[PDB]
S.K.: 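The following entry includes meloxicam; I'd like to go through it with you.
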There are 2 protein chains.
Amino acid sequence: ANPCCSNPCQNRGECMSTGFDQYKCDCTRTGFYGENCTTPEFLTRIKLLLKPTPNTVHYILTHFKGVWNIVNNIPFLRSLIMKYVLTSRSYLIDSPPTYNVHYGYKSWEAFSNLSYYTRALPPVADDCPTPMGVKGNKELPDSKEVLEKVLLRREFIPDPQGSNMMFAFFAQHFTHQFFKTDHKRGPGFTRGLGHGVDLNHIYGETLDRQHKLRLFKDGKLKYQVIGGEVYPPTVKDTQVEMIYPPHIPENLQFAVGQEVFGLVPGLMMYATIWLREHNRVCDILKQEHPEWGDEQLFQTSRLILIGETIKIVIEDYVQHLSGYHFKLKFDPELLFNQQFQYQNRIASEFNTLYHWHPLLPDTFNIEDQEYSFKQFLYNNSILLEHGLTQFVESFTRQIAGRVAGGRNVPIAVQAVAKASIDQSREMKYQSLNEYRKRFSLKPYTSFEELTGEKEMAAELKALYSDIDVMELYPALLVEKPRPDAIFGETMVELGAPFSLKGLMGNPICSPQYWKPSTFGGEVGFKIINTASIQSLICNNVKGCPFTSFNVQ
Amino acid sequence: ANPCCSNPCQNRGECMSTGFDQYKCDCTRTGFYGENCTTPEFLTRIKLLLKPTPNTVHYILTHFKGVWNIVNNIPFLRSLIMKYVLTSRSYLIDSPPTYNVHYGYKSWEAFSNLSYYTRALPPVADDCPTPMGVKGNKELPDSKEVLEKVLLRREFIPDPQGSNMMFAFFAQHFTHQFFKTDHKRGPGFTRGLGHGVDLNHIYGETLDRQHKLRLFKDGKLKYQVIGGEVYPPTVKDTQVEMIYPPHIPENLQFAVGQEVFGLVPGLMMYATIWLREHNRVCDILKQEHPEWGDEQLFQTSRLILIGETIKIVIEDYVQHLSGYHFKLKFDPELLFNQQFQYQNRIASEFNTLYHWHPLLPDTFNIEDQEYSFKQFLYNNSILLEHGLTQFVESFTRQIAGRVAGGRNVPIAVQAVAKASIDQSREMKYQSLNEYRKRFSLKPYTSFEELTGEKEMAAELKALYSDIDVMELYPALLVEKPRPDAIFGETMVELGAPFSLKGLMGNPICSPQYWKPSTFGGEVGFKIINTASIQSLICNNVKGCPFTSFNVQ
Ligand code: HEM
Ligand code: HEM
Ligand SMILES: *[C@@H]1O[C@H](CO)[C@@H](O[C@@H]2O[C@H](CO)[C@@H](O)[C@H](O)[C@H]2NC(C)=O)[C@H](O)[C@H]1NC(C)=O
Ligand SMILES: *[C@@H]1O[C@H](CO)[C@@H](O[C@@H]2O[C@H](CO)[C@@H](O)[C@H](O)[C@H]2NC(C)=O)[C@H](O)[C@H]1NC(C)=O
Ligand SMILES: Cc1cnc(NC(=O)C2=C(O)c3ccccc3S(=O)(=O)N2C)s1
Ligand SMILES: Cc1cnc(NC(=O)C2=C(O)c3ccccc3S(=O)(=O)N2C)s1
Ligand SMILES: CCCCCCCCO[C@@H]1O[C@H](CO)[C@@H](O)[C@H](O)[C@H]1O
Ligand SMILES: *[C@@H]1O[C@H](CO)[C@@H](O)[C@H](O)[C@H]1NC(C)=O
Ligand SMILES: *[C@@H]1O[C@H](CO)[C@@H](O)[C@H](O)[C@H]1NC(C)=O
Ligand SMILES: *[C@@H]1O[C@H](CO)[C@@H](O)[C@H](O)[C@H]1NC(C)=O
Ligand SMILES: *[C@@H]1O[C@H](CO)[C@@H](O)[C@H](O)[C@H]1NC(C)=O
């Protein structure tokens with residue numbers, strides 16, 4: 001019924017109904033005009049001939065390594081390239097945010113209600129003839145059928161970029177501070193009201209939780225010493241709610257910021273490392289400021305760890321997955337003379353694309369042992385048995401799975417991969433091609449072009465009929481990877497701008513925050529600016545074991 | 001004890017303790033260096049020798065009528081000048097925000113907790129020897145004494161600028177959407193989580209309250225007809241909580257967005273006008289979009305009214321209190337190529353300086369009647385008796401009281417003016433001169449330079465002894481006003497930046513919002529852009545009576 005169901009507005013034009021069977025396209029500031037904002041202005045014609053494709057740019061960043069090695073060693077040259085890539089990755093995100101699962105038009109409710117994930121593309125209206133709007137059939141192909149045919153893992157396909165379990169678990173741990181779906185409400189709702197990197201997965205979402213986690217001495221978090229090693233406190237000791245199955249003994253119910261971090265020992269490992277990191281910084285700050293109270297030590301350390309997190313995420317985590325020869329740089333100063341909004345809102349699509357479950361192995365290898373999922377899940381005994389050092393050493397050695405390329409979702413979490421598909425439909429996601437146009441990519445003209453092969457393509461062809469009906473979530477997982485890369489084109493081009501706004505949009509990056517006195521002075525500022533995944537592990541894990549996000 | 005108690009760091013440098021009896025100034029990006037950030041850098045002396053004083057600028061804006069009349073009728077020039085005021089007023093407010101009542105240093109608690117008012121200056125530390133830091137006596141002079149001797153009104157002092165009661169009530173009605181102190185928590189806490197122009201004073205702070213106030217047909221608000229006139233609904237009809245003395249009959253308990261608006265017929269006047277305006281826009285929108293449902297009609301109307309509000313606030317309200325001959329202009333497009341943060345946090349000091357109770361007359365004059373405060377307060381019968389048209393005609397004629405210049409606070413609200421003193425101290429506000437310095441104003445060298453006279457001046461001298469202990473709030477009401485103006489220098493120079501952030505920081509002013517489709521097309525857009533206090537009253541008040549913020 002709705003005349004905007006076909007999404008006729010192109011180039012980010014906005015559709016608005018003007019009657020029961022007529023629409024209008026607001027082409028304001030798009031660089032295009034006409035009934036569907038398709039005919040381009042003069043200056044835009046120039047842009048479209050001067051800008052290279054993402055793949056073109058990806059090739060350059062992944063080749064000419066000898067050249068990039070020269071760039072990386074000339075500070076001013078490195079800063080200027082980083083400056084460019086920063087601002088080029090910026091025009092794509094609505095900030096302040098716009099739509100959400102309940103609002104396909106901008107509303108104050110959509111802007112003001114922090115309980116919703118935001119939305120890169122508005123939902124397909126409820127009164128549309130087909131799930132993707134007008135194209136395709138009345139009902140979408142069976143999620144089970146999609147899942148079993150092109151997503152499930154036959155045999156393990158290792159990531160060619162060599163991502164390890166330190167990478168996979170860091171990904172899960174890091175992202176789960178802002179991907180926290182409130183299932184009571186629905187899939188388009190979040191419990192992470194910070195909408196970014198606030199480290200609530202360490203400190204708790206609410207004040208009441210943070211206080212129960214706090215020692216209230218020297219600014220530290222409560223902790224216990226098992227054997228001679230520092231571990232999170234228990235639920236029994238702190239009364240902070242954690243999600244554990246009932247058969248788990250009270251002495252193994254470790255209590256941390258995020259309620260769900262008992263699920264995986266790989267999560268608990270990072271929670272443990274970061275807990276030690278917080279208290280280590282507390283000692284450093286106390287030594288610098290013997291006049292400080294508990295509250296200021298706690299607050300300042302938190303700001304520093306927020307800083308370390310952003311640093312490590314950009315210069316180690318994203319550095320690895322990007323595969324770029326260019327050496328990325330965390331430096332808020334690069335934005336101080338640029339137009340940029342120091343705020344962020346977590347997009348539902350960011351959450352959806354970040355379901356990187358194929359990363360997981362069939363078994364978890366920690367020294368001698370090979371644990372299955374059922375042995376691993378909710379088992380913190382394993383962390384105690386092997387200790388932090390063995391965990392880091394083992395995780396650094398174990399290869400993770402490829403995400404794109406299709407058929408790599410471990411069977412153990414098949415219900416999750418299915419849920420991602422159904423909840424995407426439930427939230428009325430537009431099609432894959434709709435999202436590609438929205439992030440300035442050319443739409444796939446066939447299923448074979450998407451996969452880069454033939455068997456999965458034909459398998460999808462018979463399910464979806466039309467390529468413009470292909471769904472976003474299954475696509476990125478089945479998408480033809482870049483050469484020897486973990487991710488395909490759509491994954492990177494969607495995830496990058498979302499991620500940037502997450503890290504860079506943090507208030508500590510704003511000019512009035514990014515100064516030494518914010519962070520207790522020069523030594524605290526130095527902690528943020530010299531942080532790395534290796535230093536994080538080296539300062540808090542006994543023996544200073546080597547680590548990286550890739551297999552050596 | 002705290003070595004930063006004396007506020008040693010100048011030019012917006014940040015003080016930090018480096019021990020028990022030592023400190024350090026963070027001069028980052030201040031344009032100054034040295035121990036106390038006082039010796040200017042080279043480029044800084046230029047700026048200092050090239051910028052005029054606020055008084056110099058105010059002079060030029062309030063004189064040369066003839067020249068401004070030419071500028072006003074050259075859209076190019078007018079727009080160019082507006083852009084320049086817009087930016088010259090936007091380097092003063094910390095955005096994202098920083099300090100609050102509980103945090104004299106930056107912390108994640110102060111940033112993320114939306115229940116606090118933010119603070120333009122950090123609070124004086126608790127362990128400081130004196131309320132102002134180190135200057136003055138152990139205890140501040142009796143607030144009752146300061147109240148009586150320099151604040152309370154002897155006889156009514158009219159505003160030379162000719163501000164009327166339409167202005168006074170508009171100031172009270174408008175600002176009370178973002179000045180909503182949660183007295184359960186303390187004076188440093190707000191109930192206005194939107195922290196700006198969200199029109200919650202019409203639609204309610206929460207969803208539950210909003211839905212109770214809605215008619216759920218044609219996007220409209222609930223209302224009743226008394227006589228032949230449209231009034232807000234009642235408490236029995238909507239079940240929304242209102243504040244009313246127990247003797248108020250049920251049929252007079254009017255339910256509006258702000259729970260306190262039933263205490264003043266003046267407030268109830270604007271609540272009624274704005275309620276009518278919303279429903280009016282619903283009629284227009286439904287006509288344009290017969291295919292739209294109740295929800296979209298309501299949300300779009302709300303966005304349009306927010307826009308109308310900002311438009312009227314800038315070009316009528318602020319236009320009048322400014323006294324500028326230059327025609328101010330509401331145009332978000334003027335910021336699009338500038339650096340500007342589309343966000344806002346309501347400062348405690350903005351709240352304090354906006355206590356304009358001297359505006360209130362001794363009696364409220366509606367036609368033949370002259371009501372006292374007792375007769376006026378919580379008396380909605382007065383509104384029903386006379387009607388809206390007469391309210392408008394009368395309040396347009398009645399002069400408001402001068403705010404600066406001392407001794408003009410009506411006795412009926414002496415407890416209010418005193419509370420502003422007590423609560424300022426309770427919130428550990430820094431001194432007047434500190435705030436002047438903070439906002440690039442030269443410190444007053446004597447109590448007589450502050451007041452411009454001698455009797456109040458000496459009166460304050462015997463109370464505060466040193467002018468560097470003069471408190472912010474009483475100073476604003478006792479300050480030497482600009483020539484025949486309602487306000488003094490300090491009032492305007494603190495008020496402007498805060499007010500700007502509040503208005504222009506609204507999300508509807510962001511590039512992605514400021515377009516026709518956001519407001520239902522060119523027609524809804526046109527309602528914002530042609531809005532005025534006169535058209536607001538003309539469209540919604542029977543007989544379309546003349547109105548302005550100035551006595552004719
Ligand atoms: C042993 C390892 C893992 C297990 C058992 C697991 C299992 C699950 C389950 C059951 C859910 C749905 C829970 C719910 O919605 O309440 C989920 C969601 C999710 N998973 Fe995993 N997962 C694992 C590893 C990972 C990894 C390595 C990533 C890397 C990015 C990841 C990304 C996500 C994301 C982004 C969500 C959505 C979370 C939300 O919105 O609340 N997971 N996972
Ligand atoms: C008949 C007229 C008025 C009366 C009886 C009145 C009375 C009061 C009272 C009793 C309070 C304290 C409320 C509380 O502590 O809970 C207050 C606060 C305040 N007043 Fe007024 N006032 C009037 C007019 C005005 C006007 C014309 C302005 C112009 C700006 C104004 C500005 C304010 C502000 C900004 C607050 C702080 C509000 C908050 O934080 O909740 N008032 N007034
Ligand atoms: C915003 O800050 C306020 C002030 O601390 C927080 O309020 C307190 O909450 C704790 C329990 O969590 C109570 O014990 C205190 O009495 C509260 N303070 C009061 C009543 O002034 C509030 O929790 C913060 N808001 C959020 C959302 O964290
Ligand atoms: C954000 O929007 C959600 C969705 O409407 C609101 O949740 C509804 O709130 C009402 C109360 O007014 C409840 O009756 C419903 O059960 C809620 N629905 C869902 C799906 O949760 C929520 O109240 C809004 N948040 C704010 C702060 O206004
Ligand atoms: C699946 C993902 C693909 N890409 C990701 N993120 C980036 O590509 C990305 C960042 O996250 C980012 C962070 C800080 C500054 C700049 C960048 S980036 O240029 O957007 N880029 C590498 S996540
Ligand atoms: C007591 C007050 C004194 N001044 C006030 N506000 C202004 O002076 C002011 C605005 O509020 C504002 C609004 C929108 C755009 C620009 C301006 S302003 O230049 O900061 N100015 C007149 S409030
Ligand atoms: C209007 C109510 C006046 C408050 C009563 C206390 C007055 C004490 O104050 C005195 O009042 C006189 C009156 O103008 C002034 O001449 C004095 O300077 C002042 O000190
Ligand atoms: C605009 O889109 C409609 C609907 O998809 C299509 O039928 C029409 O041909 C397009 N018109 C123009 C001028 O591009
Ligand atoms: C949990 O892990 C421990 C590791 O010591 C293992 O012995 C045990 O079998 C596991 N429990 C389950 C239920 O798999
Ligand atoms: C800096 O300020 C302190 C505190 O007011 C003062 O004692 C000191 O003399 C100042 N130092 C300089 C170099 O101005
Ligand atoms: C209420 O207002 C009426 C006029 O409508 C007035 O006569 C009466 O005195 C007022 N009530 C009080 C308690 O002052």
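Note on naming: letters A, B, ... go to the chains in the order of the sequence lines (proteins, then strands), and numbering restarts at 1 for each one. Atoms within each ligand, like the ligands themselves, are counted from 1 in listed order. Determined via X-ray crystallography, 2.5 Å.
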S.K.: List all ligands or chains that belong to meloxicam.
M.R.: ligands 5 and 6
S.K.: Quick one: what's meloxicam (ligand 5) bound to in this structure? I mean the chain with the most contacts, named like the PDB entry names it.
M.R.: Prostaglandin G/H synthase 2
S.K.: Help me out: which other chains have heavy atoms closer than 4.0 Å to meloxicam (ligand 5)?
M.R.: A
S.K.: May I ask which of A:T490, A:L328, A:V492 has a heavy atom nearer to atom 3 (C) of meloxicam (ligand 5) than the others do?
M.R.: A:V492
S.K.: What does the deposited model list as the covalent connection for meloxicam (ligand 5): residue and atom, or none?
M.R.: none
S.K.: Ignoring hydrogens, tell whether any protein atom lies closer than 4.0 Å to atom 18 (S) of meloxicam (ligand 5); use the non-hydrogen atoms only.
M.R.: no
S.K.: Which active-site residue (per UniProt) in chain A approaches meloxicam (ligand 5) most closely, and what is the shortest heavy-atom distance, rounded to 1 Å?
M.R.: A:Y354, 5 Å
S.K.: Among all protein heavy atoms, pick the one closest to atom 22 (C) of meloxicam (ligand 5) and tell me residue, atom and distance.
M.R.: A:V318 CG1, 3.4 Å
S.K.: For atom 11 (O) of meloxicam (ligand 5), which protein heavy atom lies nearest, and how many Å away is it?
M.R.: A:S499 OG, 2.5 Å
S.K.: For atom 13 (C) of meloxicam (ligand 5), what's the nearest protein heavy atom and its distance?
M.R.: A:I314 CG1, 4.0 Å
S.K.: Would A:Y324 count as a polar contact of meloxicam (ligand 5), with the cut-off being nitrogen or oxygen pairs under 3.5 Å?
M.R.: no
S.K.: Which residues carry both labels: UniProt substrate-binding in chain A, and heavy atom within 4.0 Å of meloxicam (ligand 5)?
M.R.: A:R89
S.K.: Please work out, at 4.0 Å between heavy atoms, whether the side chain, the backbone, both, or neither of A:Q319 comes within that distance of meloxicam (ligand 5).
M.R.: neither
S.K.: Please list the nearest protein heavy atom to atom 6 (N) of meloxicam (ligand 5) with its residue and the distance rounded to 0.1 Å.
M.R.: A:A496 CA, 3.4 Å
S.K.: Under 4.0 Å from any heavy atom of A:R89, which atoms of meloxicam (ligand 5) are there?
M.R.: 19 (O), 20 (O)
S.K.: Nearest to atom 2 (C) of meloxicam (ligand 5), what protein heavy atom do you find, and at what distance?
M.R.: A:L321 CD1, 3.9 Å
S.K.: I need the nearest protein heavy-atom contact for atom 15 (C) of meloxicam (ligand 5): residue, atom name and distance, please.
M.R.: A:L86 CD1, 3.6 Å
S.K.: Heavy-atom distance to atom 1 (C) of meloxicam (ligand 5): which of A:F350, A:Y354, A:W356, A:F326 wins?
M.R.: A:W356
S.K.: Which other-chain residues have at least one non-hydrogen atom less than 4.0 Å from meloxicam (ligand 5)?
M.R.: A:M82, A:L86, A:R89, A:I314, A:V318, A:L321, A:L328, A:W356, A:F487, A:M491, A:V492, A:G495, A:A496, A:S499, A:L500
S.K.: Are there any N/O pairs under 3.5 Å between meloxicam (ligand 5) and the protein, and if so, what are their distances?
M.R.:
{"from": "meloxicam (ligand 5)", "atom 1": "11 (O)", "to": "A:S499", "atom 2": "OG", "distance (Å)": "2.5"}
{"from": "meloxicam (ligand 5)", "atom 1": "20 (O)", "to": "A:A496", "atom 2": "O", "distance (Å)": "3.2"}

